[PDB]
Amino acid sequence: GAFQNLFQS
Amino acid sequence: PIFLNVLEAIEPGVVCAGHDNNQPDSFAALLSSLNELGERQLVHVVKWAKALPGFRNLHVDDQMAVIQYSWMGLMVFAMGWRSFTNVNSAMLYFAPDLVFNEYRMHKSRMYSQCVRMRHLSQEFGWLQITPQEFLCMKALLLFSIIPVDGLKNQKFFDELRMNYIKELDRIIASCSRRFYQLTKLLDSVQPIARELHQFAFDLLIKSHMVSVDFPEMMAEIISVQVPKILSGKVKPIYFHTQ
Ligand SMILES: CC(C)(O)C(=O)Nc1ccc([N+](=O)[O-])c(C(F)(F)F)c1
């Protein structure tokens, strides 16, 4: 989801 | 002092909400802007948290989880501090372009919650909290809420939290008097955060009804993670009972 994607940057 | 150096170096700077201040204080406009500001600040919280001493000792799922659970309290705490330091807690300094007076407190339908947060902000003055105490306490807040069934690798967390408590001691170093009060102030964050969680959750559920826009990350976190907390699967770690 969106948070993991953000965290991944 | 290596530890304080780091915290000072990684502290986020200014974050704006993008609020239209030239425009009537609508409930929907105010909360759409708080929701956008929430998203903006969560990005900064992530980049901060990832940079903290020892953070990579944690399993990467526990890394993600502790940020997600702690996000609201961290924001509440930083905001009280901004409020304290910019306006002596006269108003709530959410962002340079989203400063809440009583009127906005009322129109946001968050008056009771805003009252708690102003009282928190007054505490920073009443106790003469130093910028370095603030920084240590805020870092510890990140490690102050976890699932009752524990984390994926709990031992690494326990150790990290342990070392953040000790770093609070060091800085304190009457001491016992200081530590009592600061640990009390830290516990005081959690029930505010919990009222904020509830409000945010209810608003998400009724948001198409009230024309309040939720960004991506906010809707996900409030629907997936926050109910863990509100259902009691995830709880704060309190210094004092409570
Ligand atoms: C309504 C909800 C999800 O938007 C929200 O609580 N947003 C929000 C945004 C920013 C900040 N802030 O610290 O500046 C806070 C709060 F932590 F103060 F309450 C809440």
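The order of the sequence lines fixes the chain letters, beginning with A. By the numbers in the PDB entry, the shown part of chain A spans 1-9. By the PDB entry numbering, chain B shows 671-843, 851-919, in order. Order of appearance sets the numbers: ligands from 1, and atoms from 1 within every ligand. Hydrogens, waters and symmetry mates are skipped; everything else that's a heavy atom, side chains included, is used.
- Choosing among triclocarban, hydroxyflutamide, fospropofol for ligand 1 gives hydroxyflutamide.
- Counting heavy-atom pairs under 4.5 Å, the chain with the largest count for hydroxyflutamide (ligand 1) is, by its name in UniProt, Androgen receptor.
- Every other chain with a heavy atom under 4.0 Å from hydroxyflutamide (ligand 1) is named here: B.
- Applying a heavy-atom cut-off of 4.0 Å to hydroxyflutamide (ligand 1) picks out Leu701(B), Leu704(B), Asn705(B), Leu707(B), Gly708(B), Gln711(B), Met742(B), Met745(B), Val746(B), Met749(B), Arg752(B), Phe764(B), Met787(B), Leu873(B), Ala877(B).
- Remark: hydroxyflutamide (ligand 1) and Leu701(B) share no N or O pair separated by less than 3.5 Å (distance only, no angle test).
- The shortest N/O to N/O separation between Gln711(B) and hydroxyflutamide (ligand 1) falls below 3.5 Å.
- Looking at hydroxyflutamide (ligand 1), you won't find any N or O of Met787(B) less than 3.5 Å from one of its N or O atoms.
- Mapped onto UniProt domains, the residues of chain B touching hydroxyflutamide (ligand 1) mostly lie in NR LBD.
- Distances below 4.0 Å separate heavy atoms of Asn705(B) from the following atoms of hydroxyflutamide (ligand 1): 1 (C), 2 (C), 3 (C), 4 (O).
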